[PDB]
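The following structure: saquinavir with Protease.
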Number of protein chains: 2
Amino acid sequence: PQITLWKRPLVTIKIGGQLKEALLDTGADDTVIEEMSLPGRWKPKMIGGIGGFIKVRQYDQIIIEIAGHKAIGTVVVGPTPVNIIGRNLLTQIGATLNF
Amino acid sequence: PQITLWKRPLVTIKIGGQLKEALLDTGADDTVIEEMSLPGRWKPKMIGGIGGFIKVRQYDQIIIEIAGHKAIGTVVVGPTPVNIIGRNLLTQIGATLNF
Ligand SMILES: CC(C)(C)NC(=O)[C@@H]1C[C@@H]2CCCC[C@@H]2CN1C[C@@H](O)[C@H](Cc1ccccc1)NC(=O)[C@H](CC(N)=O)NC(=O)c1ccc2ccccc2n1
Ligand SMILES: [Cl-]
């Protein structure tokens, strides 16, 4: 698909057996999901953005289906107001910015 | 151009006659620039991100070149860690996300 940016580039994802809405975010290093349980081990991390940092739990080798495209990678979980698909998974579905 | 996302999508911008580095950010509603002087009056705005909110100065109808493409629109100035080109100006340069 080609997505114009007049509005927020929101898509449906599947993660942990759950459907969620998420933002396709070229300005994010990481994939940050609102609080949910995920399988396997995790470790704590601090991630920063405008405003400062938040504490998250980092889970590795997590599969997410992103608007129909499967990708695997590290997902961090914590108190974000918006689920964001960052570059670590955007690369895996072949996403590019074009102008 | 076609910009992949293995690295941060950083480009050169020109604002106020000055060259700066900025991030092309589909996740950002607004364009946020590091402290600098800009002409005219400003109005207040609060912008929210991952760690919370920051106060910025909103300047309308600012001329800015982005990777060689001219945009004229709203920029907010404040204590951002990274200059961010958000959707308000990405649309003016005709940017799309594709996968
Ligand atoms: C810029 C503004 C207009 C305020 N918009 C936003 O911040 C919205 C807010 C939304 C609600 C909260 C959840 C995030 C979404 C998406 N974001 C956009 C989104 O693209 C945002 C833009 C950004 C990039 C760089 C630095 C700061 C801010 N990115 C991020 O928040 C990601 C989160 C992450 N760690 O992966 N940060 C970074 O990728 C990142 C990179 C370099 C940095 C250097 C110093 C300090 C912080 C740094 N953060
Ligand atoms: Cl990863």
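Each chain is given a letter, A onward, matching its sequence line's place in the list. Going by the PDB entry, the residues shown for chain A are 1-99, listed in order. The residue numbers of chain B are those assigned by the PDB entry, with the residues present covering 101-199 sequentially. Values below: all heavy atoms of this structure, side chains included; hydrogens, waters and symmetry mates excluded. As the structure lists them, so they are numbered: ligands from 1, and atoms in each ligand from 1.
All instances of saquinavir together account for ligand 1. Other chains with any heavy atom closer than 4.0 Å to saquinavir (ligand 1): A, B. Under the 4.0 angstrom criterion for non-hydrogen atoms, B:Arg108 is in contact with saquinavir (ligand 1). Near A:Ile50, with a cut-off below 4.0 Å to any heavy atom, the atoms of saquinavir (ligand 1) are 1 (C), 4 (C), 27 (C), 28 (C). Nearest to atom 36 (O) of saquinavir (ligand 1) among the protein's heavy atoms is A:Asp30 N, 3.0 Å. Look at B:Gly186 and you'll find every heavy atom at least 4.0 Å from all atoms of saquinavir (ligand 1).
Heavy atoms from both the backbone and the side chain of A:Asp29 come within less than 4.0 Å of saquinavir (ligand 1). Within the listing of saquinavir (ligand 1), atoms 13 (C) sit less than 4.0 angstrom from a heavy atom of A:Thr80. In terms of protein heavy atoms, atom 14 (C) of saquinavir (ligand 1) is closest to A:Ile84 CG2, 3.9 Å.
Of all protein heavy atoms, the one lying nearest to atom 49 (N) of saquinavir (ligand 1) is A:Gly48 O, 3.2 Å.
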